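Co-structure: acarbose and Alpha-glucan phosphorylase 2, cytosolic.
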Amino acid sequence: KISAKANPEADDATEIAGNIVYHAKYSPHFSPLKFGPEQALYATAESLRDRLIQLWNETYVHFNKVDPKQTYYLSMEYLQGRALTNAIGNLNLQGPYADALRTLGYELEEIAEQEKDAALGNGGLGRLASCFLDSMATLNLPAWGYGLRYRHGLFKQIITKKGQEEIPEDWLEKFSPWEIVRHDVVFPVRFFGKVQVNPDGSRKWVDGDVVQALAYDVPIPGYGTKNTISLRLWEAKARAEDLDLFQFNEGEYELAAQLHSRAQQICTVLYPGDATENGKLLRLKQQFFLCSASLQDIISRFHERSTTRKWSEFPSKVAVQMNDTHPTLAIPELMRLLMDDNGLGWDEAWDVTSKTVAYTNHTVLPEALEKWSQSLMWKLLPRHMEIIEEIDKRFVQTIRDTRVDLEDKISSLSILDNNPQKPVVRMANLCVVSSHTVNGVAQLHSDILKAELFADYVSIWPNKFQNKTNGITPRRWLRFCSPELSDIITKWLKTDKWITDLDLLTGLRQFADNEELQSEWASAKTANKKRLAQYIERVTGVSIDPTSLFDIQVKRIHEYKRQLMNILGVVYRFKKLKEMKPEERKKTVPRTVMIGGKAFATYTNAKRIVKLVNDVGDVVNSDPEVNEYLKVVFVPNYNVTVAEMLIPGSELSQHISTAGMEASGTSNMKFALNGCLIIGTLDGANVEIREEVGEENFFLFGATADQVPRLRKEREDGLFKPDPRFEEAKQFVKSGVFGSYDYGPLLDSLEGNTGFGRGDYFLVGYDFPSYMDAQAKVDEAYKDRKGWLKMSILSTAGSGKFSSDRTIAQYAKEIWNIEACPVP
Amino acid sequence: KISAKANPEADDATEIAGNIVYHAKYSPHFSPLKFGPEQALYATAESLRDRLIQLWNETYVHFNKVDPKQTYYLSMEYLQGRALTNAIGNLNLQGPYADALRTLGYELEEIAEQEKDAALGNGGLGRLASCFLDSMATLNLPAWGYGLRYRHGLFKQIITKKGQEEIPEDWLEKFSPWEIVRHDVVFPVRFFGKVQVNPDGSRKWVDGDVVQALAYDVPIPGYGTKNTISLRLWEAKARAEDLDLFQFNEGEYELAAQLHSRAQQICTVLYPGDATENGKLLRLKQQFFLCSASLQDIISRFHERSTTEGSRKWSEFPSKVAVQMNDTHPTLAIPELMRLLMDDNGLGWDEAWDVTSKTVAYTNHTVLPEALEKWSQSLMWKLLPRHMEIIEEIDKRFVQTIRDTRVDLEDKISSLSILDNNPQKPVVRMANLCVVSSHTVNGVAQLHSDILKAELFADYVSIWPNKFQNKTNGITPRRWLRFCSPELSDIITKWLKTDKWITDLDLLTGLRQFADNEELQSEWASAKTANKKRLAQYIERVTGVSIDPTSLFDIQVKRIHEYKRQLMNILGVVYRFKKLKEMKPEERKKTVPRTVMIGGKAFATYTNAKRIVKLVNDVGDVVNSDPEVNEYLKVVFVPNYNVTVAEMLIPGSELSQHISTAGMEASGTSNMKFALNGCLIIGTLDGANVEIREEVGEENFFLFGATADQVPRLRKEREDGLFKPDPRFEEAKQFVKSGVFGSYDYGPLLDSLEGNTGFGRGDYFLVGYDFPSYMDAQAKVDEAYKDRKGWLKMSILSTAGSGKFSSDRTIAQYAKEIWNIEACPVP
Ligand SMILES: C[C@H]1O[C@H](O[C@H]2[C@H](O)[C@@H](O)[C@@H](O[C@H]3[C@H](O)[C@@H](O)[C@H](O)O[C@@H]3CO)O[C@@H]2CO)[C@H](O)[C@@H](O)[C@@H]1N[C@H]1C=C(CO)[C@@H](O)[C@H](O)[C@H]1O
Ligand SMILES: *Cc1c(COP(=O)(O)O)cnc(C)c1O
Ligand SMILES: *Cc1c(COP(=O)(O)O)cnc(C)c1O
Ligand SMILES: OC[C@H]1O[C@H](O)[C@H](O)[C@@H](O)[C@@H]1O
Ligand SMILES: OC[C@H]1O[C@H](O)[C@H](O)[C@@H](O)[C@@H]1O
Ligand SMILES: OC[C@H]1O[C@H](O)[C@H](O)[C@@H](O)[C@@H]1O
């Protein structure tokens, strides 16, 4: 019926349908006869990519001409999610694309559901990086991300009757229609080898292995702007020359291909397991490979913008941001590139380096900061060790010169820990010593950093440390995932400028009590809940009641996130329902509980928690007697797509980490922004949300951070007195009512008073009573519909501050010193 | 200045330039700023591929609707060469594309020189298969090729001070703009494992390793027709699921990825080295994988063309399908088709065998009986157990036949049967499996096919006297005259007063009446001269030697092998050099200057072949740098011989050498290319030389050497001490051993020409014996070349006689006598 007709700039239904069909025909990846959903997606995605290329190229040419200071963000993860809807939306072509697909016999949703998530990351570190990219593009900032092109991600989670099983991700097994290979953009990265000392006394890293880094671009479109930036990803490749024919033809296939294998290894998965020496080396290879490829690419661009250049311009034209310690090696690597490849002296090269690099810490934990064996570092990266050692030797001399009062502390301040048992390189110390700025990711976290963790460094450089509170993008996380709700907002604010000025959401406050608005809000939530119900049946075969309360905990499965507390809470509520007469049951609040997330494969108890949730759900959900009032579901393969289906339908979300353990929590913000109320500890980003939405719209409970040490010491000393409901939940789990699986060894982590891996270190038992009492409040509040709806609107109305646009603007001004560079 | 504008059907300069620029922008593989030659090529190739897709899709739809009998050709090699010029040319868009590129600031030649050869094959077996594809397309026949998508080819040859070194090919390290991946066309292929026997007596191959075969299409356009067929290539892949995360995360990387590694192995190189057991298994994996993937794809298409009820009746299968096995490599298609019919599709043995026997036909390309593939029964059981069961049942029935209807052949059963149950090295004789199973067996030249009926397969000819046939090899006149020699092709069209020869090559005979015409000779001289300048230019570019375009161009290019007698040639050269050093300058001015060019590749493990390449180079270093004789002689080794190289050498050639020991060559298609481009041959009465010489006429050909029937006798004279060597032959040897060509000891190589008996010695290939009649034929060539009119006359009659050597003739014969297929033109 419809005719192929290329129109790379199509912007109406007919043009778009012609261009989609053009790509179906003349960019084929399949037999021509069938044009089913999958072929439609790739066709549509190529239609959009025509737009994206035009804009990316314009933006590249513009930054080239203006030669502004440019920021480059280094991260080991990016959670890009699906790109289709975000691209349609930033190009403001929703109506036209939807019409185009219908003329081709498809609903956009249908096609959207075919797309795979780019498995390029894992946690909030990666989603932060991605929301930042969106904000850089929309604020017209000259900034890019650089990452690694992982083939298989961390893993795809399957749920079998044995619990979580891990299988590789396949998002590249056919092809990805977003990315643009650049076969001219290749840089060599070395490993192992040694340092040649030249007769003139210059130095050179030689020998070892050389791999090739190949650039692919993923364009990132901004909202209401031509500016389209890049997430540039690196693939490690061997050259064809590196296959040894002689050995292949001798039948020795692994030796023959061993350079190709070492390359493949680097982009196989995120965070490869590192109990062994091999894995530790592979991790370091990953980190180095990203730093070295990216910095060579950055230096190459610095020179390309020359209009004949002097190095002293470098930190006025470049800013590099290290996200956690993973890209620490950018420090010595930049030093290597300056002194060896470009001939600079130490002092000049260090001045440049120190003013270019800045460091973002995301961790409350003292021992979670990366430390590497000095022995491994010498083996893998000998030139970098020389440089790292000279950095430490000068810094220690500074402390003897300028600060004799810290002499006794040199053995913890220095970068090199020369402990005779486990000598290591302390990477956070290298970051802090070298960067012009260090920031944390929430006001409390940043204060802990200045006061406890990095106290003495704050002392030497009192202007080095800063705060930059995390945020989210309101495009992906409200405008695009919750379009019904966004229309309501635009109607009642009488503008749509909130989509780039999120503080305008405070205008909703005056309407929180308004009956018509609450009625509209109920309907949108009800409609988003039907959809979520649908999805849940589709992906777990469980039929959930849309009129019940939707209570959601989705995040990495970890003892400190206290999924176990949640799930024991559920066991308790279930027991009490079985024990009630039917007349008492009709008075409780029906609830559907939803838990999701992934456990590290080797993390035994995390894997036992996932198993537990499922076993509970099998029994609870199939009990005709109480399944009207309670259901429990494990949502599998939690990722961006899943979050996009859960958040708009959520009513209560649980952010209940042990106080002091979380530096932030951006999912918190997504929930708050979509009118979902929180039950939470006064921890991380909960502190800021609760300030912004108001205490009365938030279910606080649990010990506070300053209290926790004291409460552990009470446990060590036999003074802890457990609540009987806590013990009743445990026993009931041990009674074997949830099947043959012995949960005793899991529950053992909550027994005893002292010793590694027991003694309830995360205060599950202790917070259970105030947790369950906050849950009773949530039940009472939910029965008062007007009050509930009021709280939900004030939740959204207070979410202004949590925009990634605010965060990036702050970074741009105080740290990077970059400014808007709009493409005409 | 020019704007992107998609026009998938561009057919004039302006439209084409717009579409090329569209692809530079919206199909990028590079940073956007620079639009240099490389980017221009990929951009131009994608413009052409738009046309190619439209025509391929039309052809697929047409064959689907008509449901004709379809031929599928199975080959382990294809020498596709560069595609750019062939595509422009078959679409008849030379003028428009050349103009388009000039508006973009490029000469087409410049861009064409950027393209890499598709390293999908090695020798004449593969180029035959490719020329056949071009002819299938141009005759509008419903036929396809199926092969393997090799990443690294055989190897790229470099020449170092050590001689030949082998490095992997890189033609896929960026990407290939011709091919079309088909992600819905995936079929599973198994290895190892075992046979489950079901209670109902049905059988099923289970367990082992499973790899995925993924189809990529390379469209093949026909000349002056819409018909565009496929070379469908298979890539072996493992699924993502097959990587073991647990092991990867334990640091055990090789185990973790072992299934991916076994898949990458299959498509790494052509003819992987097989001294070891691992290599033998890998070779068999390659062969099986091509047969099983391709047959599944074929069966799927047979069913897809059903218009009816349920599944269509199997008895139609051999009326709708023909499968051609090229050499013994794809023998496994016999038991595999049997496996698919009986196990997956439930047919009984007899019905399945009737189908199978009428579907498959076999082409032999090999004179010697110890080049035909034999495999250890033990390896076959390991790798392909179900196939062994079936192969065994085939042999059990064939032997019973020879008792139930031919009791007179009882005493020969132990050499006729498929299974050789020798107590030391029991093997499966694959040629015997082919001959027992196929409705037709053919050779590739009239003499070769007669040797097959009379010597090699005599007793099989006895049982099935209509089974055996001849099909003389040929070449495509599109790639090999019209497109490589365009100046010359215009002359031909002008004097024949038509251009219909490009698809009716026999019209070339119309040139004969003009062979004595001085205007035509004058035009011919110019065209050769011009082609020779170009060759001279290329040779400097790739060797660093400056050659004289006025000297005689004498070329031997083919696989380096003792039986091809590059060593004879090279010793001839050493002789001529010695004589030139020994002359006074007055005697030198009377000889005919000559540039000798030798090229080809040695199998990496073949010691003497590698020594010969070393020898040629060492001789050239010394000769070419000698001021005293380099005006009169130069010797050059042309590296990395492939289709591109042949395309540069053939149009500029004057004499070419096809001098194999008589009886050893079944054919020789390069012979034909040379003859077709007016290049005269110095050759033995062997393979295709017999036929060329008949066709061009004896007076236009430099024959020499012993004949096939004489060779045994001449070996027996050597074994008995009766051989009396020519003194010029010994003078050449000694001079090579005197160390005038450097420090390399050539004694062990030359040892192959010494002694009278014993494995690897005694001059088995009669180098020494043919040397005098060879060198005398070389003196004739010198005299004939001095008479320019007579030379030009011979060259024209060479071209004028090349009619019979068209691949169009060969494929038409195959279509009628073997496949029983016919023209199916796309409207
Ligand atoms: C008629 C029969 O044909 C096929 O049987 C083949 C085997 O597939 C093949 O492996 C080979 O088997 C030999 C086997 O490997 C060996 O170990 C055993 O000792 O002897 C076998 C014979 O030498 O050859 C046989 C037969 O020549 C199919 O696999 C069978 O399914 C098929 N049987 C059909 C036919 C009928 C009626 O005609 C049904 O009664 C029967 O249930 C059905 O399976
Ligand atoms: C936002 C997000 C995260 C990070 O959230 P935290 O609970 O705050 O650590 C992780 N996964 C997905 C899929 C997300 O969208
Ligand atoms: C035609 C061709 C061959 C054919 O084989 P011969 O044995 O020379 O006749 C081999 N290689 C190339 C590159 C060819 O074009
Ligand atoms: O959750 C992600 C974490 O997992 C692993 O245990 C890594 O050692 C750590 O680097 C990473 O941040
Ligand atoms: O409880 C904290 C730690 O304990 C266990 O050793 C887990 O395997 C580890 O990944 C986790 O982070
Ligand atoms: O080059 C063609 C031939 O080369 C090798 O000698 C192989 O062993 C053989 O299988 C192949 O046919």
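Chain naming is simple here: A for the first sequence line, B for the second, and so on down. Residues displayed in chain A correspond, in order, to the PDB entry positions 15-322, 326-841. The residues of chain B that appear here are 15-841 by the PDB entry count, in order. Both ligands and their constituent atoms are indexed starting at 1 by order of listing.
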Next on the checklist: I'm trying to find acarbose in this model - which ligands or chains should I look at?
Outcome noted: ligand 1
Checklist entry - From which other chains does some heavy atom lie less than 4.0 Å from acarbose (ligand 1)? => result B
Item to check | Taking atom 18 (C) of acarbose (ligand 1) as the reference point, the nearest protein heavy atom with its distance | outcome: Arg217(B) NH1, 4.9 Å
Checklist entry - Does acarbose (ligand 1) have an atom that lies less than 4.0 angstrom from a heavy atom of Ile404(B)? => result no
Next on the checklist: Is atom 20 (O) of acarbose (ligand 1) touching the protein, meaning some protein heavy atom lies under 4.0 Å away?
Outcome noted: no
Next on the checklist: At under 4.0 Å between heavy atoms, is it the side chain or the backbone of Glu406(B) that contacts acarbose (ligand 1), or both, or neither?
Outcome noted: neither
Checklist entry - Going by the order shown, which atoms of acarbose (ligand 1) are within less than 4.0 Å of some heavy atom of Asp214(B)? => result 42 (O), 44 (O)
Checklist entry - Is any heavy atom of the protein nearer than 4.0 Å to atom 23 (O) of acarbose (ligand 1)? => result yes
Checklist entry - Does the protein put any heavy atom within less than 4.0 Å of atom 16 (C) of acarbose (ligand 1)? => result no
Next on the checklist: Measuring from atom 7 (C) of acarbose (ligand 1), which candidate in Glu407(B), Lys410(B), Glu403(B), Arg400(B) has the nearest non-hydrogen atom?
Outcome noted: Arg400(B)
Item to check | atom 3 (O) of acarbose (ligand 1): any protein heavy atom closer than 4.0 Å | outcome: yes
Checklist entry - Relative to acarbose (ligand 1), is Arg411(B) under 4.0 angstrom through side chain, backbone, both or neither, heavy atoms considered? => result side chain
Item to check | Under-4.0 Å heavy-atom contact between protein and atom 37 (C) of acarbose (ligand 1) | outcome: no
Item to check | Verify atom 12 (O) of acarbose (ligand 1): protein non-hydrogen atom under 4.0 angstrom away | outcome: no
Checklist entry - What residue and heavy atom of the protein are closest to atom 30 (C) of acarbose (ligand 1), and at what distance? => result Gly215(B) O, 4.0 Å
Checklist entry - Is the shortest distance from atom 33 (N) of acarbose (ligand 1) to a protein heavy atom below 4.0 Å? => result no
Checklist entry - Of all the non-hydrogen atoms in the protein, which one sits nearest to atom 28 (C) of acarbose (ligand 1), and at what distance? => result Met356(B) SD, 4.5 Å
Checklist entry - With a non-hydrogen cut-off of 4.0 Å, what is the binding site of acarbose (ligand 1)? => result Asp214(B), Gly215(B), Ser216(B), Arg217(B), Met356(B), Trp363(B), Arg400(B), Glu403(B), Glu407(B), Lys410(B), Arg411(B)
